[PDB]
Amino acid sequence: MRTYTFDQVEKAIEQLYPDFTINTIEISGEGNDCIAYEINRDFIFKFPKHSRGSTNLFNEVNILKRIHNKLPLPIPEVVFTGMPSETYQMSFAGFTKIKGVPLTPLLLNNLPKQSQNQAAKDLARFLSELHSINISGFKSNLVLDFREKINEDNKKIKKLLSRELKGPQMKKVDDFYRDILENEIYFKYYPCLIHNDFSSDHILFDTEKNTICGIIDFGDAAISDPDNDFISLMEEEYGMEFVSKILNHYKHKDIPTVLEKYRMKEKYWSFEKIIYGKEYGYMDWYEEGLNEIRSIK
Ligand SMILES: NC[C@H]1O[C@H](O[C@H]2[C@H](O)[C@@H](O[C@H]3O[C@H](CO)[C@@H](O)[C@H](N)[C@H]3O)[C@H](N)C[C@@H]2N)[C@H](O)[C@@H](O)[C@@H]1O
Ligand SMILES: [Cl-]
């Protein structure tokens, strides 16, 4: 999992964009996939920490380009792109920086009621349009069929914890995965483009106008279940009271299902920690997930 010096970042950009003068550069943030650099306080440059992260970066670029000027809220726009190597699909990507601060649950509840209501309505309107984008042309590398995902994870879990679990413990894993695949509600959704990481950290807020001024980080965006973008808002995120406002402005017809999917995904995070803990090499995630699996059902 690679890192970069400011010297390296400036070199990589100069190679492809010589006339682009860099005056200021600092670490804006860091995720599991990329390190974010704020350059000239105008752009956010994402550099992949590893090969897997570069694929996410490549997909974010692809998705952001085709949904450009189709959404009611400002989203990052691709301005600079890197090159493929034998290690990365995308060496880097430069996006427009969206000004604003994360709409934290604490900031949200300190707002006047009219601003809170407008925030819920703006979020619902954004999701309504996002989930309505024509997803034909989006190739299967952007498609996240949930049933395929569950079945693929199961095979990964078996191959991973084959010698890590005792008899009865692996039986519970079989039971849990069977109960999920047995429930038709998890797979009956109409596939749409989703943000797939729709939380408070990625909802930027303009404190001067008291309005939401951007949605960022589309690195996990894919064609899947629209309910994913509501579940992610109640995980520590927004209270159920505020999400219900969004859901009702969204005209959602089956809230208890969203809550059921919410409970399932909460329990499912244990298995995610095993897979990601071994893929991303997060040995603390692996041991956490392994401890949790060895305990409940
Ligand atoms: N941390 C502990 C929490 O983890 C998940 O929730 C969080 C996501 O993890 C974050 O995103 C990162 O993790 C995702 C899953 O690996 C990646 O897809 C994504 N690219 C990553 O940036 C997202 N910003 C906030 C969300 N509340 C679980 O659902 C939650 O129960 C658990 O308490
Ligand atoms: Cl240039």
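Note that the numbering runs from 1 along the sequence shown for the chain. Order of listing sets the numbers, starting from 1, for every ligand and every atom in it.
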Problem set entry | Drug at ligand 1 | kanamycin
Exercise. By the name used in the PDB entry, which chain has the largest number of heavy-atom pairs within 4.5 Å of kanamycin?
Worked result: APH(2")-Id
Exercise. If you draw a 4.0 Å sphere around every atom of kanamycin, which residues of other chains have a heavy atom inside it?
Worked result: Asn32, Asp197, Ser199, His202, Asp220, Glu235, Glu237, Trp269, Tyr276
For this session: Determine if the distance from atom 33 (O) of kanamycin to the closest protein heavy atom is below 4.0 Å.
Result: no
For this session: State whether any protein heavy atom lies less than 4.0 Å from atom 14 (C) of kanamycin.
Result: no
Exercise. Less than 3.5 Å between some nitrogen or oxygen of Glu235 and one of kanamycin, yes or no?
Worked result: yes
Problem set entry | Protein contact of atom 1 (N) of kanamycin - nearest heavy atom, named by residue and atom, plus distance | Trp269 CZ2, 4.8 Å
For this session: Below 4.0 angstrom from a heavy atom of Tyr276, which kanamycin atoms are there? Numbered from 1 as shown, please.
Result: 16 (O)
Exercise. Looking at atom 3 (C) of kanamycin, is any protein heavy atom nearer than 4.0 Å to it?
Worked result: no
Exercise. At a distance cut-off of 4.0 Å, which other ligands and ions come close to kanamycin?
Worked result: none
Problem set entry | Protein heavy atom under 4.0 Å of atom 6 (O) of kanamycin | yes
Quick check for students: name every N or O atom pair between kanamycin and the protein closer than 3.5 Å, with distances.
unit_1: kanamycin; atom_1: 6 (O); unit_2: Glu235; atom_2: OE1; d: 2.9
unit_1: kanamycin; atom_1: 18 (O); unit_2: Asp220; atom_2: OD2; d: 3.4
unit_1: kanamycin; atom_1: 20 (N); unit_2: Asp220; atom_2: OD1; d: 3.2
unit_1: kanamycin; atom_1: 20 (N); unit_2: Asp220; atom_2: OD2; d: 2.5
unit_1: kanamycin; atom_1: 24 (N); unit_2: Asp197; atom_2: OD1; d: 3.4
unit_1: kanamycin; atom_1: 27 (N); unit_2: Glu235; atom_2: OE1; d: 2.9
unit_1: kanamycin; atom_1: 29 (O); unit_2: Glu235; atom_2: OE1; d: 3.1
unit_1: kanamycin; atom_1: 29 (O); unit_2: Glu235; atom_2: OE2; d: 3.2

